[PDB]
**Student:** 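Opened a PDB file with Taxol bound to Tubulin beta-2B chain.
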Amino acid sequence: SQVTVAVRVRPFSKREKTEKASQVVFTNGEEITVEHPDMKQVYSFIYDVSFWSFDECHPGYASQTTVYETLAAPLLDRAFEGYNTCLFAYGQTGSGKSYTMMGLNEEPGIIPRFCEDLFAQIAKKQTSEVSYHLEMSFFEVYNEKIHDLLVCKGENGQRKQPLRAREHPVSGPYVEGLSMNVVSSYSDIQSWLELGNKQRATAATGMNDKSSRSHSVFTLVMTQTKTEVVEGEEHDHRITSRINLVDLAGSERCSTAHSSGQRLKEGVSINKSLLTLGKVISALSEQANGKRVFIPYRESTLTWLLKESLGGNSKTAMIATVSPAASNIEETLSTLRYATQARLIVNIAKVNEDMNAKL
Amino acid sequence: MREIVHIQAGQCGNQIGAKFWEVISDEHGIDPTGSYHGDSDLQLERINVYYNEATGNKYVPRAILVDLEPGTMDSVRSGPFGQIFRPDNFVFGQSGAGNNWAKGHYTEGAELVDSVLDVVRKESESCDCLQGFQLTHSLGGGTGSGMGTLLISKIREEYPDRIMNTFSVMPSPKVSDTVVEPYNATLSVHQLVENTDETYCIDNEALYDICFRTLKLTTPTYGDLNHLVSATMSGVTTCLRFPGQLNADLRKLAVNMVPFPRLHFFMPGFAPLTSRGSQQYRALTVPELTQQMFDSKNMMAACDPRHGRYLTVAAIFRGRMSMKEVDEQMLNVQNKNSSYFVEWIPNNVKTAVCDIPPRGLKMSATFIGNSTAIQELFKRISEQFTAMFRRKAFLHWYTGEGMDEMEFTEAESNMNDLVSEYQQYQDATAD
Amino acid sequence: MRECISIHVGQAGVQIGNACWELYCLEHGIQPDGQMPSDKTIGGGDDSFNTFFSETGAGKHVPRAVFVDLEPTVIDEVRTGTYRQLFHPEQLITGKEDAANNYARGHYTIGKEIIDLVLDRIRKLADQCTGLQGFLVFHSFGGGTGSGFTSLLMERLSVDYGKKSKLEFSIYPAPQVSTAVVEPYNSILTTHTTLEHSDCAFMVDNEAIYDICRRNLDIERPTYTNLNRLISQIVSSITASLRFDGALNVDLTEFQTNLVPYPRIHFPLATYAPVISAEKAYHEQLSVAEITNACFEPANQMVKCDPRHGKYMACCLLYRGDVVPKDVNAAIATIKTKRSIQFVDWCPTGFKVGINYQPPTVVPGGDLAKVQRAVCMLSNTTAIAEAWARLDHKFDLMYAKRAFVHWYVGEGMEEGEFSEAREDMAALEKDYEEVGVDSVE
Ligand SMILES: CC(=O)O[C@H]1C(=O)[C@@]2(C)[C@H]([C@H](OC(=O)c3ccccc3)[C@]3(O)C[C@H](OC(=O)[C@H](O)[C@@H](NC(=O)c4ccccc4)c4ccccc4)C(C)=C1C3(C)C)[C@]1(OC(C)=O)CO[C@@H]1C[C@@H]2O
Ligand SMILES: Nc1nc2c(ncn2[C@@H]2O[C@H](COP(=O)(O)OP(=O)(O)OP(=O)(O)O)[C@@H](O)[C@H]2O)c(=O)[nH]1
Ligand SMILES: Nc1nc2c(ncn2[C@@H]2O[C@H](COP(=O)(O)OP(=O)(O)O)[C@@H](O)[C@H]2O)c(=O)[nH]1
Ligand SMILES: [Mg+2]
């Protein structure tokens, strides 16, 4: 495949410049290295892509708009060609994933560029011969239960109404009673997302406030309606396309972080989901390289949502944020270790004894 | 200290209880009066694994019955050990199902679940600690699947860490003692695979082959088969109850046998078993047992292992022994038939030992195995299904009480996917 | 004067104690209950030696030990069996839950609610110990509590007490045999947690003693106890220096020094040469030369580790009985003359020695037979690395296919811990692969 997991880095901060957190990550460009103040042991990690965004003037700079144009063309291509596409994000507090996905009002992130270029190509191609009808949904996962984020809550406690996941034989996984809305301006989805992020839950762990205890899924359906018949007005088909984005938590060592009660349950569920996702992605690259093999789809709930949006003619990717703080090193290392199994070379052997090239 | 609960539904579960508690009472030394008549000072040291206390130094099981039709529970009350149970724990109703799943999951099971919890919580909170829950049920019946599956769903929604074991029954290939075994058992297998740590899939016909060919009994009844299922359920927990040179529990078995969470459909076995007038010509030694176990004539599925492979096994021994012999035999077995076992797992077995065997034996062993021969049980089930759903044969019954075709399709999809997971590993799997 | 706290953990630890204390009581001539009828025969002195056993004004004694298993099926024997009224009633047996043959329960969910009590009792034992609290942990890999709980306890004691002698007579899996299927995952992380905090950690393998059971003492149907007694005689062959008078006495502070060149390579092996039967106790001299020859042979080693594939970083010895240091020197020089052995250039000395006059003592109806002298050996080699190098090939497949995993994180563990541990072990292999080269420049 071309799943093409990629990595980015946070230039430190002015606050971190006050403390002068010693640089740990060295970069040669294409490869990535790392050190440790013991200064004996060493690691070295490879990836398809490297966004060395720390330095401002170094060659091969990693710009936000450059991050967009790196991965945006396959999205619009694989969509307008009719197929579906997802995007996974991974990282934690200190890596500033929000800075990457959403950016700021002035500093444009990823989502806004995507939706705005989408609207651009929409209004550009909006002939009389075509209609583009796009709709939205936003939900979260919590202790392995689904909850709708978009719901305007009623007068009640916060019994976040648990929907369920069911299966059509035709298109497969979906949810009953999943609320949807419509998109005709970037500002509308901005407001929807701004409110949806509010109900997604965090908690003041030993680290800080906004350590999410849930996985946040964003889904867009696009309806492409161009089909027109020579005999008369008959739309013989209306193409559907699924675009997906998701933001996830870290990995949350409960060993050092001795937090008990209900936070442990949340962390355990999150870790199980992350495990299943890594296994799924391993099976993906194993399957698009010449070996038919099962997929452990049905283990989690999230993955059970995506068995069509992450298989067959579905080209997706993962992005990994980090920060080179000395007080983050383990977490930093852990992040990279979650992803590298998607490497193309995992020591595949060679065998060939078929010999009937005759006639 | 550790404690265990038992649930029963349908005719099979009640009738299996009437033999299992009738066996455990003689193992720990209890009588139909709920009273003690044993000899040691040991059988009463860990009896609290199952049983509660009393007033006149009697003892009581923490057993529960579910069944909707009283026409079976009465057979207990007019039974040998049918007046020890707390009569409140004989939860029942009326209006039997009709061998229907929908009438036991949706209409009345969904009605009666609260009344059953009214006893379940009472017995569960009395325990100082907890280890897990049991079930003893079957598929092809009514209440024995629907009400019990609903129970398991709710209970796991409550207790995400405690264990739930279901020593169930699955139907046979050749004879179908009930017509619509496939639909009911399929719905159960859907609502079980995600809501269970381990289930001990057991089949009728292997027991028949045993009682006809091996023990050379002439004419057995269902009692004489539940008399083996009970010993199967009993040698498992002997580690937990009685001491040993290497202890165990339910957790170590379920964890050292369920690598992947869905892949938890097991295959049992028992050793020693011989004809009444033929155990003169043998020896009660580990080699005889390990040779008699892995053969395809002591399991309980009638499902060909040599047609497949084993992911892992577990063997819980009972007696004065020498663990060196166990280890050497196990290494020899892994060495000889090594193709039958897996490449991508280096060692494929653990052990568990007790120094206290049953009342009349010197050496025993219970076998557990996570295999792939459970395939054909399920390919066959799905085939008998898709031969019926292809034309909506018996469907309108299950729908008229408020189902849809969508659920049936979901169950089929999940079964086929688990089947393909099992088929992932059956081939050579080399380089 | 000088004492040694002894903790035993897991069923392995508890059974090993059930052997070891039954040895120690017979050595000093001590009843089960705690009195000294041997002293009633003698009538005075320090013979009820305070290195292990504390004493009271009423006359009763008690060892300075504890044990914990998290499985009350085991020790409730010891609360009721023959040796019941000896030990301190504080044995922490909060075995509400078992350790599931997993390292997550032993170190985080079931690793709590006890460890505070354990350290509290270690304090309540130490403040009357008027010498070193040289710690002994008799734990095991594979087994549940003795991995995780031990990893927690030793790392905590490193912060509490620190500059002391902490030893682990751990138990290692045989490369083929097991009573488990996830034994490596429960064996590898305790190495990552011991490599910084424990000072020295001896090792054994059950398969090696199982092979001993038939070649030498002519038995083929052993229990576990018949190995626990070998372990007990090993520990006696160590402790008998501090315990009784001797010619060349050795303290536990010596073993940590003369066999730990580098901090991380502190994983030696152990042997006991005369393992011979009452019949075969006759028919032969048991002179010192042949004994010390058996103290380097491959068979009688307590581990499947062929040292001829590696080299010797160091070797220590502890002798017993009627012994002559000139005979010892002759044996040592005889052993240094062989081309079948390759000591490294940076350990030309090789040998440390220590002697105690009092030989071992027979135990009724057991296996071994009374003799006039005995020997124990310890050794830090470079061949054991291969055994560790086996586990990576017994690890990596499973962690690659991600088998037997989800039952860990269900109790709070992260997966990255594996990899961050894995390469650590890999680095350790390099150290055992690095020093074994006779450097020139
Ligand atoms: C002289 C002698 O050998 O007595 C045996 C006996 O004859 C045989 C046939 C027993 C007997 O079992 C059978 O032959 C049998 C009959 C019908 C259906 C299935 C089996 C026995 O019932 C089995 C029983 O041993 C037991 O299994 C335990 O007592 C058993 N408890 C009960 O079954 C029980 C049932 C109702 C009321 C009270 C006790 C048990 C087994 C495992 C775990 C816990 C308990 C004993 C001594 C015998 C008889 C009685 C003939 C054997 O039983 C087993 C599997 O252990 C069959 O082979 C063994 C040993 C003997 O060969
Ligand atoms: N050499 C030796 N090894 C032993 C002995 N007893 C137990 N073991 C090993 O210890 C392992 C299990 O130890 P435990 O931790 O006590 O297992 P457990 O009794 O279930 O206790 P937990 O695992 O902590 O729950 C087994 O696999 C054995 O290989 C012994 O007496 N001698
Ligand atoms: N193996 C076994 N199966 C039984 C026994 N009693 C009943 N059954 C099973 O029960 C099924 C019949 O359905 P049943 O459970 O009686 O329906 P219900 O009780 O009304 O829910 C059959 O498949 C039988 O195999 C028994 O003693 N042994
Ligand atoms: Mg245990």
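In this entry the chain letters A, B, ... are assigned according to the order of the sequence lines. Following the PDB entry, chain A residues are numbered 392-750, in order. Using the numbering of the PDB entry, the residues shown for chain B are 1-431, in order. Chain C is numbered as in the PDB entry, which gives 1-441 for the residues shown. This entry, so its header tells us, was determined using electron microscopy, 3.9 Å. Ligands are counted one by one from 1 in listed order, and the atoms in each one are counted from 1 as well. Just so it is clear, the values below take in all heavy atoms, side chains as well, and ignore hydrogens, waters and symmetry mates.
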**Student:** For Taxol, which ligands or chains should I point to, including every copy?
**Tutor:** ligand 1
**Student:** Other chains with a heavy atom closer than 4.0 Å to Taxol: which ones?
**Tutor:** B
